[PDB]
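Bound complex of 1-deoxy-D-xylulose 5-phosphate reductoisomerase and fosmidomycin.
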Number of protein chains: 2
Amino acid sequence: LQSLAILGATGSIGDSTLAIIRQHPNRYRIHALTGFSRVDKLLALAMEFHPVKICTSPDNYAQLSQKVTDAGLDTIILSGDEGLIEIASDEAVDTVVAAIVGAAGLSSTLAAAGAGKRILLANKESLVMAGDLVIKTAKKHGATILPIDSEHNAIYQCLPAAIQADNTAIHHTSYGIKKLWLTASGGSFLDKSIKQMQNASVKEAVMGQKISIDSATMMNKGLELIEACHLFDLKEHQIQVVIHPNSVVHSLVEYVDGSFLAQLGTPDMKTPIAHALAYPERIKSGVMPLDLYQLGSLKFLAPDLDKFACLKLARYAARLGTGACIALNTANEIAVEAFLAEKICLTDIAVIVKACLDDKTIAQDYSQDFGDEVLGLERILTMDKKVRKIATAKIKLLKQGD
Amino acid sequence: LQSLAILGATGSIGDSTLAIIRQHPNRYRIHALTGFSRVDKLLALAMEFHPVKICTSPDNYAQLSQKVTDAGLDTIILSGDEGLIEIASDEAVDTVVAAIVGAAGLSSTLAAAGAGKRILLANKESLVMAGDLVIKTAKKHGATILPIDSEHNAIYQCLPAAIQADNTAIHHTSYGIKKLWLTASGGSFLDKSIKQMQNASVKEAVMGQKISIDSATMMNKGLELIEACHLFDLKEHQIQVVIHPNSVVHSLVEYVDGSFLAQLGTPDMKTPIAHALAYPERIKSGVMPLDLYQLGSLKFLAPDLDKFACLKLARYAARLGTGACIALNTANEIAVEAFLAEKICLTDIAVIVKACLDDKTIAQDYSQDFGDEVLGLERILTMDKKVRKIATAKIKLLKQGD
Ligand SMILES: O=CN(O)CCCP(=O)(O)O
Ligand SMILES: O=CN(O)CCCP(=O)(O)O
Ligand SMILES: [Mg+2]
Ligand SMILES: [Mg+2]
């Protein structure tokens, strides 16, 4: 079999993954699961799969330990940064599913990499924030990364085996990769006007909120752009976007003979997770298959970059390097929270992000060696900390009109 | 480099192929070209590429030899069945492009197979008429077959390398192939009624007339169905059809996790031919790439099998085996000629084909061993000869009302 650890097990990615595990008892054993906030769900999961370890936040450690004992469970309870690292570097773990969202997840993904683990990557931060470092660390120690997000996974499925196994192979001209194409639904304001977009908020949210806001601004796709440059070892000019409201075509690889290879699917994350889990093999995933007879019509159009400024910004960030990508993201974080808490207009998200990318204070730190074996991570998190301060300030100043 | 022979070099497939050759002098040398009717074009081609051999029909051998001499050309002139076989089995030929359409091409494709040649298959008859024999012969002697028709080539691109190399691997469950999907444009009477379809003829004809008629009846797709069963080693139930009027999606492979892999392209045959030529490598093909920004909307719907009876018939033929497939095709041939010469209605094509599949006279020969190393080919051509007689009779009887 294969011993698994799911970092961030109480959300969507966790549900989908564990559903497959149930259908495949004989292939995948759970060794560890984690959850920062959702203690009862974490507990429920623990009672079901009997993991050798679990981890939660520092604040919840005591309650969780008390609960774990009140249930008569053999399971070790960890907490915080340290517990994530232990689980990700554990010698009894063969495969890690990195599903923690946010800067708090980097150290464990880096750890899985350090320890040579198979990694099923399911958060954007690992490569948006720690791009060079994650990839360098994986190569050095022989980790394997396999993307789970729908777009990256489609691209990965549509690339020849040699490039799947060694992403730097994409540069040998014989494989004839010309460019990658990311599809994007255009979010909830595709058909609405530039003027209707300056307004809120249940409208903007209609399916998690932040990610749904990112879909409506198109920051999600810029982020995926930055991730793709690292995942598949390209620069941004080689990766283009097409809008595709239906979201049936998950992405495409263009080859130099004119062949576009593409993955089509439903939204069900069990498809990409099953592919990644069983790679190079395939297994039943338990999804309701896409019905080719009921697609009606798949629309495609060019992205309106004036409306979708976050996408231009992200590409601008990708050109500059790890520093501005750190800034792009952290700023988006603060700016999205702001909109959700009704402090800004939807269109200000981009105004704010731009302001931070340009800030003289932020730029002095771009030239730093964020890829460094030894101080890389410190410098990333320091940069993250700095940009929240500035982004927060920026939101303040925007409101008065500065 | 790689020595090539193009059987049937004066049509579309020939043009497209030779265009790629020109862009790639350093990779592909022409050793032979053939052409049954188009003597001057054949000659023009000969004067350009300086082939070591050419072949034409028996009737045109003399004029062509005279012309070849009047041009001061070193080239050997062959003719008929024998000349095709010589070219296809020639030790100086590494790769054969089987582009001859019609029963007259089988012996040379079998010969290429017998001699261990790489074959770029570009006619339907080889597998529709000589399915088991072609595939058995190729395996025994180590020929490699690579389809060039747009649908089969898309499927082939979308199948893992091990199944590309050995089509019987599609049965190991680890590769997780669930089913193949052929796309079909629905031809020129998709939106028109069952009643408007009973009428002709420039309408039915708006590549060639026959193939365009086959598109309008959907016999082309039934034929492709039968070919796919042999190419990819499946039975017909495992291969489904979806109508797709835009013809951007050339076909899809469905995997057990819900992943549909697909090839998108323009109609330009240089795409599939370049893929097949360079396999496993890729090369520039010289096409105007598909423009993802100008697709507007790709429609998909289920095939209307009442209107598209030829498709039901072909699947019925595929169930029975090589005999009924021979009959299906030969009958279609005669029935299409008939329509083109204004002897029948478009809808009678299916009436006629059905009549022949069901004919007691034809059925006695189904149980024959059409796959036999030694008498296989004789029995196929004999069956072809027989079905023209019957189909011709059938057309006669239909007109009076019997
Ligand atoms: O993996 C799926 N997503 O990240 C959701 C994509 C929605 P979008 O195409 O609007 O970015
Ligand atoms: O490869 C190209 N063709 O076979 C033409 C397909 C037209 P159709 O889908 O109507 O059979
Ligand atoms: Mg995504
Ligand atoms: Mg075709």
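Chain letters run alphabetically, one per sequence line, in listed order. Just so it is clear, chain A uses the PDB entry numbers, and the residues here are 5-210, 217-412, in order. Note that chain B is numbered according to the PDB entry, with residues 5-210, 217-412 shown in order. Values below: all heavy atoms of this structure, side chains included; hydrogens, waters and symmetry mates excluded. All ligand and atom numbering here is 1-based and tracks the order in the structure. Header lists the method as X-ray crystallography, 2.2 Å.
Taking every instance into account, the structure holds fosmidomycin at ligands 1 and 2.
With a cut-off of 4.0 Å on heavy atoms, the other chains touching fosmidomycin (ligand 2) are B.
Residues of other chains with a heavy atom under 4.0 Å from fosmidomycin (ligand 2): B:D153, B:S154, B:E155, B:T187, B:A188, B:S189, B:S225, B:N230, B:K231, B:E234.
Close N/O approach between B:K128 and fosmidomycin (ligand 2) is not found [any backbone or side-chain N/O within under 3.5 Å]. Distances below 4.0 Å separate heavy atoms of B:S154 from the following atoms of fosmidomycin (ligand 2): 1 (O). Residue-ligand proximity, B:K231 to fosmidomycin (ligand 2), at heavy-atom distances under 4.0 Å covers atoms 8 (P), 9 (O), 11 (O). Other ligands and ions with an atom less than 4.0 Å from fosmidomycin (ligand 2), by number and name: ligand 4 (magnesium ion). Close approach to B:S225 involves these atoms of fosmidomycin (ligand 2), each under 4.0 Å from a residue heavy atom: 10 (O).
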